[PDB]
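Next up: a structure with triclosan.
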Amino acid sequence: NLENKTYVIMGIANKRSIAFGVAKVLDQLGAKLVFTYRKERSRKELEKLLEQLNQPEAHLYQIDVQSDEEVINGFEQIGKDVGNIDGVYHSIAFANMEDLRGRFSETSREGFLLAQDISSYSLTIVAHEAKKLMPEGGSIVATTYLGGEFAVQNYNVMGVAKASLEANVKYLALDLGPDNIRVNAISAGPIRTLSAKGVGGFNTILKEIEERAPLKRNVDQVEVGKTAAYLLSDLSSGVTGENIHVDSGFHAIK
Amino acid sequence: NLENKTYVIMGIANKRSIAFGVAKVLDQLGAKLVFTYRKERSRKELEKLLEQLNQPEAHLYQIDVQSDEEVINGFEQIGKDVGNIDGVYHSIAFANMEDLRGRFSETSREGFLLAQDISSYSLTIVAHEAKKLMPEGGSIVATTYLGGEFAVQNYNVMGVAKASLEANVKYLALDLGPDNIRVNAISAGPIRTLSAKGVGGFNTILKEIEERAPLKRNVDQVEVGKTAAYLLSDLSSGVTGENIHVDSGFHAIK
Amino acid sequence: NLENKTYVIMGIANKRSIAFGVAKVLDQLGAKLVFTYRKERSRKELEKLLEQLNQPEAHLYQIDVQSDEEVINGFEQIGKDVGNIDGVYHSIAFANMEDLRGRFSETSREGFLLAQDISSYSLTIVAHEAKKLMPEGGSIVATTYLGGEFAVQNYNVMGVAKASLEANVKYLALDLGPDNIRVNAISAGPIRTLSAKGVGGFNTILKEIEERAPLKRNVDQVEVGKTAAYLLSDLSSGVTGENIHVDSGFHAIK
Amino acid sequence: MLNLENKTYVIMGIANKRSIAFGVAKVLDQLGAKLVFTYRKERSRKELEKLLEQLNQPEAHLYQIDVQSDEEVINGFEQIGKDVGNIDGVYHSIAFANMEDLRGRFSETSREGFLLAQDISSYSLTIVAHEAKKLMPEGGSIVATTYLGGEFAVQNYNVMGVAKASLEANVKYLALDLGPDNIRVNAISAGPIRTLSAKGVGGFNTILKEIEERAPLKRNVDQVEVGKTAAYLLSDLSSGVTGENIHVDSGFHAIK
Ligand SMILES: NC(=O)c1ccc[n+]([C@@H]2O[C@H](COP(=O)([O-])OP(=O)(O)OC[C@H]3O[C@@H](n4cnc5c(N)ncnc54)[C@H](OP(=O)(O)O)[C@@H]3O)[C@@H](O)[C@H]2O)c1
Ligand SMILES: NC(=O)c1ccc[n+]([C@@H]2O[C@H](COP(=O)([O-])OP(=O)(O)OC[C@H]3O[C@@H](n4cnc5c(N)ncnc54)[C@H](OP(=O)(O)O)[C@@H]3O)[C@@H](O)[C@H]2O)c1
Ligand SMILES: NC(=O)c1ccc[n+]([C@@H]2O[C@H](COP(=O)([O-])OP(=O)(O)OC[C@H]3O[C@@H](n4cnc5c(N)ncnc54)[C@H](OP(=O)(O)O)[C@@H]3O)[C@@H](O)[C@H]2O)c1
Ligand SMILES: NC(=O)c1ccc[n+]([C@@H]2O[C@H](COP(=O)([O-])OP(=O)(O)OC[C@H]3O[C@@H](n4cnc5c(N)ncnc54)[C@H](OP(=O)(O)O)[C@@H]3O)[C@@H](O)[C@H]2O)c1
Ligand SMILES: Oc1cc(Cl)ccc1Oc1ccc(Cl)cc1Cl
Ligand SMILES: Oc1cc(Cl)ccc1Oc1ccc(Cl)cc1Cl
Ligand SMILES: Oc1cc(Cl)ccc1Oc1ccc(Cl)cc1Cl
Ligand SMILES: Oc1cc(Cl)ccc1Oc1ccc(Cl)cc1Cl
């Protein structure tokens, strides 16, 4: 399947991060990987995590997506360091924790814009710069949640950033299609991760999946990873602009 | 139908503005109205336009939705001036002209955020402040475009702002529902307005409607205005979180 | 609003029928009406119900939509009897009760086809014959349920029939658009009616609305009736091919 | 990882070498699966035997099944059981309507045209699933083929559009019902491809070009491209995925 393919994975914080599910799958399929992190506070973290994978050597780059400069210099560095790439997995979002609770109508302007900034626009420059490393096409995948298509009870501002992300995926598919670059999203069902703790009611969400979703069980990081392997490889060559729900069928019921 | 109801209408620039179609319809149905504008450069403009309507007196307020302060002071002023209101029609959007062309992947961070700011978040504070003037419920309506649900060819950043606006409507419906405030959107088809001139290829868009759309003709401001009257009145009491296409059936075909 | 307009209303069984909410609304707006029923077992029923409305005289026609002949002769008779019409409200569906429970995978071929036949195809001949009584355009509205967009837990075959109904509305809107005939659907939220008793778990459905729906309450026949008045009148002239949820916003949350 | 040895799938609706189900067949066959083929007519039986020389099945597995007949679907799948043991998936690639319903005013379509289309293109999935379930003790995966015309009114698809809308719901309702038995039900919304049935759909040429001109990838897809997504849907790569409708259509479904 995937020898000699190269992918940049963005947004591993620890062993439970969705991007680490993706990482493990692609690593198993023999790909080489490039990891980006926000903070040093998870850098030495990552080095430990990497002992678990079989990279011939480490590729770790600090990228805070709030900074145009870091994304540009980051991707230029990846260029000089590994050569051309075949894909990017975007696993990045954020919002202020007090926005992710209380009345959505109460959310501040800066809260709103901050969420859009990190969870949605980041995909955009990321794509633009990644494009530079993809002469003969490639594949970009971002992670969303159902809360981007429907109002969910504690997701508020992040819901609005997901709706924004989803459209961003469509508009980038259209724009980067002629360069043979496919842009897709995976709408994951709830998984227990570090960021999951910011979302209120997350426990009762977890249980509604088990009770009402068709498969009657929750998904996990490895499951999201296997769909990312599909989206990033040539198995999905006909596929762009799409939003694939890895959520035990929850999106289909009501 | 609508005597003694009061509605704020936001975003009339001239006689061709969509919000002026809404204005005319509600004015005919005997409502009293409150108008908000961005610039003095369209204030004396508005006074002329109002001569066409039958308001017993003028209610005009400068509100730039980029400024928290102006929205708050604006709606407090309305409170003191007219008393409680029954609805708000939001007809506001903006993006940088050079973002509305060229590759979407080339758009700047500030372009992106500016568009989200005005076209999407503004609904949020608007709602929050309007809620203060709506003790026993009411109805809020914003205007969107199909470009929010699908990638269209020159809409780019505004597309991503519309996707965001539509989710904003959903999240606001959920939050304000218990206070008996309904939040809905109208996805208008292309209409020749002042802002329409920013959107590239607008002519061929206009014709695709005439050619491919079920009704085989374009809509107009008054036709948007008539649905607005429905969304804002008790006729739609069961209806919230909804997106009603006033677009000659274009949304339904492919 | 609606003096001298004429509409055919199809599928009143008793005072709790959705079509009777529509009836009451349009009758109040001063329209004249034409009623169609399946069984004599609800004919004298209807005569009683009509005492509640202010029709200058009775217009009652037996139409079983399973029979091509009855729909044709029915609508020809209406023509000779009242002249040309302005709309049709379709409120008809049926499936075998043992299909509306048990595994959906167990449903019989005849069960499936019967449900499609009455709940979906009926709209088609109805439109075709109606069109004959609509020289200068008009408006057709059918009734659907969310179960047509998502798998709901006891709806089974009727869900597949609604998905079918929804697409039939779209394809008719496209076909009858040039003759200025608008085709639309209303996706009602659960209401306690005679047919409602066939759908299992209906009670817990009713309560999920009150609990999780934005408006935090159930809708009723008169509420559906007021949206029908909008779809059928010139207020919705720009509107066709559309599905308007009258369901307290339940369709927008998840 | 590696992939699909010793998996067994029933492929339904190969008419000739251009049939979509033959793209699926070629992909799965390449991934080392064993296959079972079902056909409507003898008129395409000896057809199939020829096509199979192209694949590497250790032996032939061919079963006549007309989905209009409850009996043939039941006896067909019981025969598959006795013949090859338990299966892992089913690829459904079957639809039909009367040719004169695929043109003209949709409003003019006959009752029987309507019901016939539902019957073959939609309901068939249901009994197929019901019977297939009997050969899937520890779960499996069912995939059916649709078209965008199921979601939006397209200009010549008429009655088939209403059958696809019905097909898509059927997948959702089956996912819900068969989920607890570990059986996933999904669809692939293919973009236009030149096949035998394609010739019944009017305007098919200008459809083909709108894809090349307006679709993000600016080119048409093919059977092998549909086949590779089917491989994903049928394998454990998609374990988290049911009730879903995956567009293999160069991104056309996302633009407007
Ligand atoms: N967990 C779920 O059930 C779930 C469900 C649906 C969608 N998702 C999506 O999956 C993605 C990641 O979620 P997760 O569960 O993997 O959570 P996670 O383990 O907390 O990963 C979040 C990552 O975001 C990074 N990050 C946040 N802001 C950043 C910025 N400005 N620049 C660079 N990196 C930044 C974090 O680094 P730091 O730790 O240093 O902040 C962390 O690596 C997000 O897009 C999220 O919305 C998760
Ligand atoms: N025209 C179409 O075919 C079409 C189609 C779909 C949706 N829409 C939507 O319709 C709405 C209105 O557009 P229109 O076509 O009627 O154009 P328009 O006549 O130019 O009206 C747009 C209004 O938005 C205002 N605006 C921009 N920034 C503002 C701010 N910061 N504060 C207050 N007002 C601000 C403009 O004010 P100033 O000019 O005074 O600065 C103007 O009054 C928008 O939401 C647009 O997305 C239009
Ligand atoms: N009740 C709800 O909560 C709900 C929610 C969403 C959507 N809906 C929809 O709203 C519509 C109206 O249903 P309802 O709730 O008002 O039920 P209802 O009061 O019992 O009305 C159903 C009507 O359909 C008629 N019908 C069934 N098969 C027919 C046939 N072959 N020919 C002519 N008429 C036939 C019945 O006729 P006779 O009884 O006179 O024989 C009856 O008048 C239905 O399409 C239903 O799917 C209902
Ligand atoms: N081609 C496209 O661009 C396109 C696009 C979207 C969706 N699709 C879908 O693709 C699927 C497959 O058709 P195709 O276009 O690939 O070419 P095809 O092989 O010509 O498809 C027709 C298949 O249907 C089978 N069939 C019809 N009725 C049957 C019955 N009652 N019992 C058993 N088999 C029956 C036919 O078998 P016999 O003819 O041998 O009897 C034939 O093999 C269809 O479901 C279609 O809706 C195609
Ligand atoms: O998108 C998500 C959806 C779910 Cl159900 C759970 C976690 C998610 O991820 C986040 C949620 C909130 C914040 Cl502030 C940051 C992140 Cl990464
Ligand atoms: O959203 C729109 C969609 C269309 Cl088809 C036509 C006009 C539109 O309205 C705008 C477009 C661009 C900017 Cl900057 C501002 C506005 Cl109000
Ligand atoms: O569509 C419906 C949805 C709901 Cl919640 C309740 C009733 C409905 O309508 C019916 C459902 C099944 C049958 Cl046999 C007949 C009818 Cl009239
Ligand atoms: O549905 C389709 C859509 C397209 Cl664009 C091309 C082929 C299709 O397939 C069919 C269409 C009509 C009939 Cl009667 C039978 C089949 Cl197999």
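Below, chains carry the letters A, B, ... as their sequence lines are ordered, and counting in each starts from 1. Just so you know, ligand 1 is whichever comes first in the structure, and atom 1 is the first atom listed for that ligand. These numbers come from the heavy atoms of this one structure, side chains and all, not from hydrogens, waters or symmetry mates.
Tracing triclosan through the model gives ligands 5, 6, 7 and 8. In this complex, the main macromolecule engaging triclosan (ligand 7), as named in the PDB entry, is enoyl-[acyl-carrier-protein] reductase [NADPH]. Other chains in heavy-atom range of triclosan (ligand 7) (under 4.0 Å): C.
In this PDB entry, the source organism listed for chain C is Staphylococcus aureus. Binding site of triclosan (ligand 7) at 4.0 Å (heavy atoms): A93(C), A95(C), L100(C), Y145(C), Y155(C), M158(C), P190(C), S195(C), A196(C), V199(C), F202(C).
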